[PDB]
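In this structure, voglibose is found bound to Glycosyl hydrolase, family 31.
Here, residue 1 is the first one in the sequence, and each next residue gets the next number. Atoms within each ligand, like the ligands themselves, are counted from 1 in listed order. Header entry for method reads X-ray crystallography, 2.1 Å.
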Amino acid sequence: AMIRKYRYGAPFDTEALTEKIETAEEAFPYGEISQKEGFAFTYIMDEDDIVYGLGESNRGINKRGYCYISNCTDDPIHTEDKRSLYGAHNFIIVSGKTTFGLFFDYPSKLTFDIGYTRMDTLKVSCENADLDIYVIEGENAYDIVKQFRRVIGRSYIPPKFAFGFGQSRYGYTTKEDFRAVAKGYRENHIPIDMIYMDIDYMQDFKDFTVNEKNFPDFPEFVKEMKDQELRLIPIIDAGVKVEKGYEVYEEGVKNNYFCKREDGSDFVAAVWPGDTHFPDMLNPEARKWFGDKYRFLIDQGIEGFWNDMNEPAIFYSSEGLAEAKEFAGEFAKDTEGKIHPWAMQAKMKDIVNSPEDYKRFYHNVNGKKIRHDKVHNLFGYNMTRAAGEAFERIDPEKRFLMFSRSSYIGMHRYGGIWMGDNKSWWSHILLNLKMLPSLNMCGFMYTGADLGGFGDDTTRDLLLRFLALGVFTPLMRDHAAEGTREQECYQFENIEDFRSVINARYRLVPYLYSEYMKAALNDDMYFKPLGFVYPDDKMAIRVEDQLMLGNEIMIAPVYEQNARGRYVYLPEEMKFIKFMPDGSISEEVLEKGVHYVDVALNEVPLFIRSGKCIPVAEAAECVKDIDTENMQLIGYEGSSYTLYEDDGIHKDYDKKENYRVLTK
Ligand SMILES: OCC(CO)N[C@H]1C[C@](O)(CO)[C@@H](O)[C@H](O)[C@H]1O
């Protein structure tokens, strides 16, 4: 009753929603629609209007003031000018005098001009009027978000161990490499549950293989780690290497499971392995074949995965390569100065992730060929879906760790996401912060960023501040690019400061796991912008560098270099809490209004809301060992907290034994 659906043309069924909504008959209820130059929705915003949403996209929480294009892209440079990152999350909310929600169920290039051209004008446009638009009504943005979360279906739920801390690097290759990470962390009593495995663990970058020479008895090594409560999380790429004798490739060709050129030949894209083919992620039989392959790793005791390059990323195609070589030939023997070095540089740049390549291959959906650009934003989504559905077949009772880079709304049912290739920049702490609530509004609650920054060289202080935000993000992983300064916590002086910040995480795991489960089982948000919780407060609704978590706390991480604190605004009385590096917990009551708070490098801050309290465990070195029996309660007198807690492994969500009321 709160959701109407408007149809334009013959839209590809993305399966984004699980609720079937009938097609409305009356005219579009807001602004104006035009099909003159493709498709365009135009709306004149009131000056006080705020615009939420777009999930994984650039800039702030209020999206007003720039331009966002849904077009999944491999871009390792996340600067303010970028219009397109990895995800496509076409859900927005206009909040103000007139308030309403919109979801553009369209799987291709979609442009959100939100006050870029004219500050008062919101304009969403695409090439083809072949889409469903859902209009969602309600009193406020929060109401509308909850309506939407209901119809897209329950969010993905990770195993409890994934709320531990994870260490990762593009470069870990041998057993010696992984053992050193284990030793570096455990010997220094820094808590940890996960070590990620990047593409070097494969045999020659081949999906669903393991380097035979480095890991002769992989199941043994996996258990060697697991016995220490270190679960190895291997990566899987979208591209399957072209190689004679390689089983995955042979089957994909023989059974026509790969994306094809117009003429029926299997499309070639270069990635890590060199020439590869793409599994036809929109072909259900192809999906099943690919997803079933994960069994190869699961049978070896692997309990989680990350899916990468699944935009799909293309270094070059065979068509592009030949073009670039021809141009290079001309450049080489041009004596007259008619071909400048800049044009050569432009060509080499042009053949990477080229929109022309995305026009060169097709998906086979029930016998029907569909050109990949028309359904581009659905690829990563269906790769992860392929994996998720297979987990359900392979072991229906068990939760697997699973997250992806590229995504579309709907994938939030099968896996989480990580925010891709960020940089060791202080401004990226704020970016990690702001993306969170938006991703929540779109179903994606298991998310986080590469802590310490992925690209470039990080510093000791930048890593510590990142980690202090990571404490609260369900995915909490330190990841680094190749050749960068080493980002492991044991590569810095005074290691005890890192142990203190990560101990903060572990002490909070029962409370953090708790709020996540409750929000996921109730189609609610784990992070909320302050305006969702304090709608009547004009100052609160514009705060962009603080977030509410569940119904108990607010976070305010430090994101300026050399800062010893930050300004915060409290919309009500709260208790300012800091996890101190000696193991103690400091408490101060701060009243409603503006404050400056001191937060040192080795201190983790949070606020506890009036009338609320939270449980805090003693610090433990892995998730299994956290003592949840008689936990300390921090916060206000006379208040209570409802703790959720299950075995963290299976899917038995609806039991009264999972709930425990704690009273301070
Ligand atoms: O976008 C492509 C590159 C750029 O470094 N990064 C991707 C590949 C990768 O470098 C090796 O597997 C991996 O470590 C990154 O996490 C991933 O985003």
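For voglibose (ligand 1), the heavy-atom contacts closer than 4.0 Å come from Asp74, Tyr170, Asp198, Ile199, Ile235, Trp272, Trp306, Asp308, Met309, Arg405, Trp418, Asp421, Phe454, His479.
Every atom of voglibose (ligand 1) is numbered from 1 in the order shown, and the set under 4.0 Å from a heavy atom of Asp421 is 1 (O), 2 (C), 3 (C), 4 (C), 5 (O), 6 (N), 7 (C), 15 (C), 16 (O), 17 (C), 18 (O).
In summary, the atoms of voglibose (ligand 1) found under 4.0 Å from a heavy atom of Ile199, numbered by their order in the structure, are 11 (C), 12 (O). Those atoms of voglibose (ligand 1) that come under 4.0 Å of a heavy atom in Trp306, given as number and element, are 16 (O). Near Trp272, meaning under 4.0 Å from one of its heavy atoms, voglibose (ligand 1) places the atoms 8 (C). Close approach of voglibose (ligand 1) to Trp418 (heavy-atom distance below 4.0 Å) involves ligand atoms 16 (O), 18 (O).
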